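Consider the following structure, which contains carfilzomib (bound form).
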Amino acid sequence: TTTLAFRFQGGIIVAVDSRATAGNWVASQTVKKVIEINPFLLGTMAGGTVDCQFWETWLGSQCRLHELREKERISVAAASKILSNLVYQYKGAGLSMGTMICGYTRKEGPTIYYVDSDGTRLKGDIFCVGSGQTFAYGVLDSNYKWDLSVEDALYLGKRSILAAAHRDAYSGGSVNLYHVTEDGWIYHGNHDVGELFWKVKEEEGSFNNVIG
Amino acid sequence: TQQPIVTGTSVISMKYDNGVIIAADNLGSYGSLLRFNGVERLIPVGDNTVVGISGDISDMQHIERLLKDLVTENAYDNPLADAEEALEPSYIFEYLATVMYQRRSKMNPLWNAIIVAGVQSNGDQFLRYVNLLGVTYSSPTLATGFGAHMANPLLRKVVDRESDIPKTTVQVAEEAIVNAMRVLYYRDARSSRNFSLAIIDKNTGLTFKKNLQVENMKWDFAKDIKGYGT
Amino acid sequence: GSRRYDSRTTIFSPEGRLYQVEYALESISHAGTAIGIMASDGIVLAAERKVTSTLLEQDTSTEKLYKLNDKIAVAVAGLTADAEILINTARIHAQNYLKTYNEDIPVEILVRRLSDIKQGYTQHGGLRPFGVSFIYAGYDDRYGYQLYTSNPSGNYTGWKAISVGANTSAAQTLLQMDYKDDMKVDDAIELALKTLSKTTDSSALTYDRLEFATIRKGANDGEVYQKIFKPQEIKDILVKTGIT
Amino acid sequence: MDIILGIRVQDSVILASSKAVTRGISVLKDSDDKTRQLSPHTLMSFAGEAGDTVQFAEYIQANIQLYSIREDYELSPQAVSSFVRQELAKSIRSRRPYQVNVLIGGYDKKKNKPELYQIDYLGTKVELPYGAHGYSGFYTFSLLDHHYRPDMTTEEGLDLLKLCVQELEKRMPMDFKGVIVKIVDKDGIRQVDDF
Amino acid sequence: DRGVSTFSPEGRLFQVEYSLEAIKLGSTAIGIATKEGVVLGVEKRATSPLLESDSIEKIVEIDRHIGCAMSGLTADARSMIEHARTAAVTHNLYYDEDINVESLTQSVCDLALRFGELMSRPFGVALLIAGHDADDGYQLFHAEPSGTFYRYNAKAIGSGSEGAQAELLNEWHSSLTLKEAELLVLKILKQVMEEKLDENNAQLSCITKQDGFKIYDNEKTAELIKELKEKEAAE
Amino acid sequence: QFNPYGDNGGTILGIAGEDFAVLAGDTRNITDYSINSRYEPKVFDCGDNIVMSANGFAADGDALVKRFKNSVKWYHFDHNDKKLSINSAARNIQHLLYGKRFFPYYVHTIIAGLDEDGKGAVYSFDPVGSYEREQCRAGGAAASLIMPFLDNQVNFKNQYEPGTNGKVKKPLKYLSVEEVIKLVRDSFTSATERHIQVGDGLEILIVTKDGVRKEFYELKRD
Amino acid sequence: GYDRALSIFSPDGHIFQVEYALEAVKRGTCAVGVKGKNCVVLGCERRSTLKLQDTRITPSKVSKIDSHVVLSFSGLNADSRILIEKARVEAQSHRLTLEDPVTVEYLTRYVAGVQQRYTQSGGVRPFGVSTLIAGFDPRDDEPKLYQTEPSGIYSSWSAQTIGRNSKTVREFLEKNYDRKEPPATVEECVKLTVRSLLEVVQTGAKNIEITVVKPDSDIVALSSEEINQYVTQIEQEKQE
Amino acid sequence: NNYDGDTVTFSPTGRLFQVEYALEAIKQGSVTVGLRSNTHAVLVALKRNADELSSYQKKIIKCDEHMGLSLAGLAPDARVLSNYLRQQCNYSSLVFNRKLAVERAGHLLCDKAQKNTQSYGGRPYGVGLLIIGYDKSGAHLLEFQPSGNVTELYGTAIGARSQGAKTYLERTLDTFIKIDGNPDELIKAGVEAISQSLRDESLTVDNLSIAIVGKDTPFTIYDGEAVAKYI
Ligand SMILES: *[C@@](C)(CO)[C@](*)(O)[C@H](CC(C)C)NC(=O)[C@H](Cc1ccccc1)NC(=O)[C@H](CC(C)C)NC(=O)[C@H](CCc1ccccc1)NC(=O)CN1CCOCC1
Ligand SMILES: [Mg+2]
């Protein structure tokens with residue numbers, strides 16, 4: 001996997017690849033690695049597929065029960081802590097997860113929490129998670145500014161996944177984009193790396209290592 | 001977690017036009033030591049089912065007790081215990097298969113390979129296998145241990161698919177089984193000459209043959225063999 | 001079944017009272033009177049033994065006054081056997097606190113926990129409550145000298161001077177009369193004895209029918225001492241105040 | 001997690017804690033605060049196994065805060081340190097022990113004295129003028145042995161602390177992304193923003 | 001005394017029959033089912049004027065497609081609602097779908113008889129459970145502490161129930177619009193209520209396929225009260 | 001030491017069309033280098049127009065199918081005979097598998113049927129419960145042989161329109177039941193040639209609105 | 001374990017054990033809660049048959065559940081400690097998991113739920129206690145005042161009283177409290193609270209306790225002299 | 001009188017009054033009929049409503065593809081006992097690959113009901129059941145009573161005014177027993193049987209409830225417009 005999410009002037013960008021592997025066997029190219037928890041909350045998935053899938057789906061059930069009981073949408077901090085406290089109970093049992101809980105609320109504003117299977121929980125502006133996280137960091141960090149436009153931010157997120165998809169053998173398939181605003185999350189399409197790589201190469205003039 | 005101590009070797013079987021045949025030798029091995037010679041490894045359940053068991057003998061004797069108790073339990077409050085509500089081969093198998101899988105799932109298996117042979121109430125032939133892992137399968141011929149490697153090839157020459165079953169008589173079928181038992185005596189180091197054989201027919205019923213022996217053996221050619229090369 | 005024989009110890013009356021707690025208090029009102037008086041420089045505990053026999057061994061005896069730790073003591077009124085169950089619990093609780101925090105337990109914390117145990121027997125379990133009322137006398141570095149009382153209901157309150165057991169109505173009136181805030185220990189000793197002497201059901205108050213204890217800072221420099229009075233020491237203090 | 005330091009001076013306790021959070025070959029964060037306020041005049045820094053550290057720190061924080069509400073009173077640093085030690089001492093013989101090392105810096109208002117306690121994951125407690133956990137001690141202890149005096153001011157203590165961080169930044173293999181410094185004194189807990 | 005799970009000579013459970021008397025003392029709740037939706041309305045009944053009436057929560061959401069109104073010992077309903085919400089969400093987790101209104105009601109009614117010598121007594125509260133699903137459409141259920149539930153086209157529970165039920169018998173037909181049903185609940189509530197009906201002492205709610213379960217504002221209900229008074233004076 | 005797992009070989013294949021869905025699987029059952037059965041079915045009609053196969057360790061496969069079949073039965077009892085949708089079945093199976101996360105069912109599970117819009121559906125699971133809807137999936141011993149062939153022939157991967165300079169892709173379209181069965185039969189004959197654990201017989205289960213049909217074909221027995 | 005069902009229905013549909021618990025509340029000392037425009041005030045009666053008391057150490061009638069919420073009560077004192085302890089633990093547990101202090105409504109809902117559980121659990125009797133819970137939600141300046149009772153029902157109040165002679169002081173508050181214009185300041189709110197207690201108490205000496213709660217965890221208890229000034233002022237205006 | 005406080009107490013004449021009071025709850029329940037031939041077995045049940053605005057309480061419950069029952073009395077108790085039967089039928093299938101005999105089904109219900117009549121704290125079940133089924137020995141009809149007593153019959157009826165239908169079936173015994181290979185005629189006989197228990201009310205389309213099981217017929221229930229044929 002390669003997944004990222006960063007905070008900026010216009011909210012939160014979230015971008016992920018869609019590959020799934022079993023060793024060197026490419027098992028799927030069309031995996032949904034973003035889970036839609038509610039209209040204002042997103043969760044990213046890296047590590048063991050089922051662990052992430054199962055428990056983030058379960059997280060959505062716990063968030064629904066919160067707003068039924070409390071008559072109010074759950075905070076990003078509280079949502080992330082439900083997941084982190086859960087995996088901490090299983091610490092040592094062998095769960096494998098690298099997740100990011102992204103969302104907007106009134107009291108918090110745009111917020112991103114990193115949560116992993118050894119119990120780590122971190123608030124932050126930029127995170128890249130997965131086997132190709134370092135490749136995504138390289139492009140993202142060197143081009144990141146807080147004052148990026150919504151258009152430029154969407155592209156940088158897309159371009160960072162593409163960078164990792166190219167170099168990391170265990171990342172690829174297609175890019176899934178999301179933009180999180182004060183009004184909620186907005187889906188910005190599925191982008192196949194097959195067509196996207198050549199389109200980006202031609203238009204941007206990058207990827208000169210590759211035979212054109 | 002177990003290790004098998006006193007063990008029983010191959011159990012072999014096949015279907016024929018009117019029923020099923022099953023066989024197994026009377027040996028209880030203690031490693032390389034051929035310890036016990038009067039061991040019966042075919043256990044009839046009613047007049048329509050025979051259960052053949054290989055592997056650990058202590059676990060075989062436990063299974064005997066379970067089947068014995070199953071007959072008793074089925075007879076309770078059952079006026080049709082010797083008629084419509086008698087124990088079928090399929091009932092006896094599914095019970096054993098359930099037990100075997102539950103025991104493997106508790107990491108404490110019954111160290112056996114089992115073949116349930118019999119005839120159903122509607123006349124249909126029943127022959128199915130189950131082992132310590134809870135793995136189950138059915139076939140026109142079935143065999144355990146060395147039987148799987150040596151008997152099945154010979155028995156499949158008689159009944160290769162389903163359509164060959166009506167074409168196979170009890171005389172032809174028993175001949176193949178007895179032949180397979182001879183081959184196993186030549187080649188299996190933990191086998192014996194003495195064995196038991198059981199036939200379950202839809203017409204003539206259950207015939208249980210004890211104290212059979214492997215015979216008509218070819219050993220004469222051994223006298224001509226000298227040295228290992230020169 | 002067994003429903004037939006259940007007394008239902010933990011229920012309310014139509015008036016909103018707990019039957020068993022009320023009857024336990026009625027039991028305690030027949031027990032020997034115990035008095036606690038708190039002074040500025042110490043605390044006095046005085047208690048009357050229940051009708052003594054001349055062949056009772058007086059010096060090697062303990063009925064009313066018990067030591068919980070080096071800084072806290074209690075005066076008992078009610079069933080002695082019940083009190084000892086609670087006392088051993090309180091003693092253990094004090095040592096748990098010391099083991100955990102490396103500090104002697106604050107008086108109120110010990111009192112609250114003991115009172116919480118009593119409360120439990122009135123709300124659940126279907127058992128009879130403990131027929132005991134305590135006077136806690138103790139010191140800690142937060143509030144200094146402190147007097148508390150607890151009863152079978154599990155309710156506790158703080159006091160400057162207080163009595164439990166028999167004749168508390170008469171005893172409390174006398175304490176309310178002669179008590180003042182700038183009082184010393186030696187004066188409080190005299191008040192405690194004078195009050196028992198007037199409220200007693202006996203003919204005359206004597207050394208053999210009393211238990212007495214002080215908690216002073218009368219040791220050497222900034223430390224507290226517990227004195228459980230010997231028979232001869234009670235005989236002398238009774239002569240010194242002119243009661244005998 | 002990695003670097004946590006502590007220095008007790010005349011009138012205060014100063015705790016310094018590294019900002020880096022590293023996993024694998026990536027520094028995930030460079031602004032992490034490895035401390036929790038247990039009470040107005042008691043601060044605990046921590047370091048060790050991932051997940052365990054924060055889970056343990058917050059669990060202790062909750063218990064001390066519960067005590068404060070119940071008694072309407074602040075526990076002494078000594079009392080808090082003993083409570084913490086016992087919890088770790090229980091933990092070490094559990095099915096899965098907390099692998100967390102802590103420093104507890106506090107100001108005792110009754111004694112009017114600063115106090116620094118060092119407790120490892122086994123439940124080994126010591127009161128010290130200066131303390132450290134992990135590989136940090138191998139550089140800082142010898143340095144403080146030389147330069148430390150018991151009558152130093154808070155400003156003198158911060159300069160002494162700058163000397164420790166400089167040495168670590170010179171000789172430590174890993175980039176720990178500087179430190180967050182906090183002071184504990186008679187007026188409570190405050191953070192130094194420019195270090 | 002006597003056992004909690006004892007039968008009377010007539011063949012009824014004493015404790016269940018006594019809990020039904022407690023429900024008759026409770027405040028009135030009415031529900032009406034239409035092809036356009038299901039309406040739920042309740043009498044708040046504040047014990048004193050100083051009590052802030054908006055904190056009286058006798059209509060409750062279970063899921064987006066299921067709502068609930070109560071009557072009787074309303075404190076007893078909290079654990080019933082908690083169970084219902086968990087049942088609804090748990091089913092969505094196991095089957096990736098909304099749960100049938102009937103199945104939800106059956107799950108709640110399974111708690112009912114789990115008492116004896118499990119909890120110490122039956123629930124002293126009745127529930128009206130309204131909802132929608134793809135199979136059986138708009139539904140209204142009446143869940144009792146006996147463990148029994150009936151589906152209803154319309155139903156009233158509480159102190160003014162027998163009087164309100166007789167009125168619902170005459171007024172209900174299969175072609176009622178949602179607006180007609182809203183007014184009908186207000187009309188019948190105003191009849192059986194002690195104090196004069198207004199937006200502060202009564203509360204409306206509905207569940208529709210499109211918008212799901214919604215509790216109405218005091219402003220929205222106030223207009224429906226004004227519309228109701230005008231229509232009765234118009235003939 | 002006792003090893004609770006085993007490998008029974010075989011391979012399975014699911015393809016979805018516009019108004020239908022097929023779930024195929026060979027009938028061979030093996031252990032090590034021996035054949036146990038030439039005809040032992042592992043594709044099952046589970047009711048509600050849902051076909052299922054759990055390939056790998058047969059004892060775990062049978063256990064799972066048995067539990068899901070039973071899950072369907074209790075779904076009817078508890079929810080007024082409601083039809084279990086394919087998407088609901090998929091989620092239910094995830095919980096069955098994950099329930100043994102720390103002692104897993106050693107199987108690749110595939111189910112097939114029609115979605116609630118009447119369109120063909122295929123879901124596939126890993127051994128511990130992760131799942132995904134797809135047009136196409138091969139599972140089991142010969143999955144690595146068959147799957148890339150399906151990418152090329154079902155989803156027209158790496159195929160471009162002739163003469164368009166590799167700019168225009170070959171357009172996606174649904175395949176007829178006839179065309180799909182051709183691909184299935186060819187996939188299994190190819191797999192039989194190059195994989196030793198695959199052979200003996202092929203059994204296909206086709207699922208339309210009218211019900212569940214079966215087709216059987218012979219495969220090489222070596 | 002002791003299993004007996006103590007709280008059960010009667011032929012007329014009443015749970016007598018719950019109703020007898022309300023009688024215990026009626027016996028308890030009076031407690032009053034009044035919320036103003038920017039504050040809440042909790043007033044409490046203390047009976048004067050107990051002289052020679054030590055007020056330093058004696059348990060106070062108003063208890064802090066967290067730094068922003070307080071709880072007063074009427075009824076059995078020993079029972080109240082059990083509810084207060086549970087509430088305090090739940091307050092810290094909420095901060096731990098939700099990373100935010102409890103709302104006053106949530107804390108009330110929890111305490112009320114505990115009280116309810118004791119009305120249909122075997123082997124236990126109901127709590128002989130009714131509570132007044134007051135405070136301010138995190139990052140909020142709207143005053144909150146809730147009431148609970150043994151049955152388990154809870155509700156919000158502009159102003160409310162519980163305990164002995166509570167029906168007299170509730171009568172006073174019902175005509176003296178204006179919904180359209182609540183006590184604008186702290187002084188106005190405290191005065192109305194003291195006035196209401198003076199209808200029932202006896203003497204305004206060491207019989208009245210007052211606790212003021214303001215936004216952002218600002219809670220303070222008034223001393224004798226401070227309260228006595230309100231008593232002195234009210235009596236002089238009364239003689240008219 | 002003094003001996004009806006709980007189920008654990010015998011009366012001086014040897015009666016269990018709590019068991020008898022549970023039996024009384026069945027008599028108050030709505031009528032339901034059971035009958036069988038050699039090929040099929042039929043349940044007919046009169047459903048009851050709260051009022052005209054309410055639904056009609058469902059009386060028949062499916063236990064397996066080859067077995068099910070009708071109820072009369074406390075419906076929740078029928079739900080508990082039917083759920084137990086569903087599990088027992090299911091255990092027999094999963095473990096033994098064997099359809100549970102209807103006779104064994106009765107023995108299991110008997111033993112479950114009995115335990116509740118010999119222990120302190122518990123109570124008897126307050127419902128009577130008619131179990132029909134088709135197994136390896138043909139069609140069957142059982143009558144369950146919460147005392148524990150289970151009885152196999154050709155036909156029967158339980159509930160209020162059940163004596164009318166029970167007398168009719170006793171007369172019609174020789175006729176309906178030989179209705180083999182004809183479902184509709186066996187139902188007609190069952191519908192005519194339950195009609196002998198009606199007073200002031202007649203069988204309507206949302207009032208009647210029929211269920212059938214047989215040789216080539218799984219246990220199925222008919223309600224609504226599907227029973228209009230039999231009115
Ligand atoms: C990038 C793409 C790679 O790291 C991402 O991290 C993705 C995250 C997405 C999918 C959410 N991760 C994977 O693709 C992940 C990598 C991985 C594998 C195993 C353990 C940890 C991480 N892959 C999986 O989880 C695959 C997904 C399948 C192919 C749909 N699943 C498996 O490998 C499963 C289950 C692994 C497992 C975990 C815990 C306990 C037991 C098993 N294993 C198999 O399917 C076994 N194998 C398949 C091939 O045939 C032989 C049997
Ligand atoms: Mg790559």
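Residue numbers begin at 1 in each chain, while the letters A, B, ... track the order of the sequences. Counting starts at 1 for both ligands and their atoms, in listed order. Reckoned from all heavy atoms, side chains included, excluding hydrogens, waters and symmetry mates. This depiction is restricted to one part of the PDB entry, and every contact reported falls within that part. Structure determined by X-ray crystallography, 2.8 Å.
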Hey, where's carfilzomib (bound form) in this structure? All the copies, please.
ligand 1
Please provide the name that UniProt uses for the chief contact partner of carfilzomib (bound form, ligand 1).
Proteasome subunit beta type-5
Counting heavy atoms under 4.0 Å, which other chains neighbour carfilzomib (bound form, ligand 1)?
A, F
Covalent bond from carfilzomib (bound form, ligand 1) to chain
A/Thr1 OG1
Quick one: what name does the PDB give chain F?
Proteasome subunit beta type-6
UniProt active-site residue in chain A closest to carfilzomib (bound form, ligand 1), heavy-atom, rounded to 1 Å:
A/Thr1, 1 Å
At a 4.0 Å heavy-atom threshold, which residues contact carfilzomib (bound form, ligand 1)?
A/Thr1, A/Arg19, A/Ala20, A/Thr21, A/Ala27, A/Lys33, A/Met45, A/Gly47, A/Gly48, A/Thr49, A/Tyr170, F/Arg101, F/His108, F/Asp126, F/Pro127, F/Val128, F/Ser130
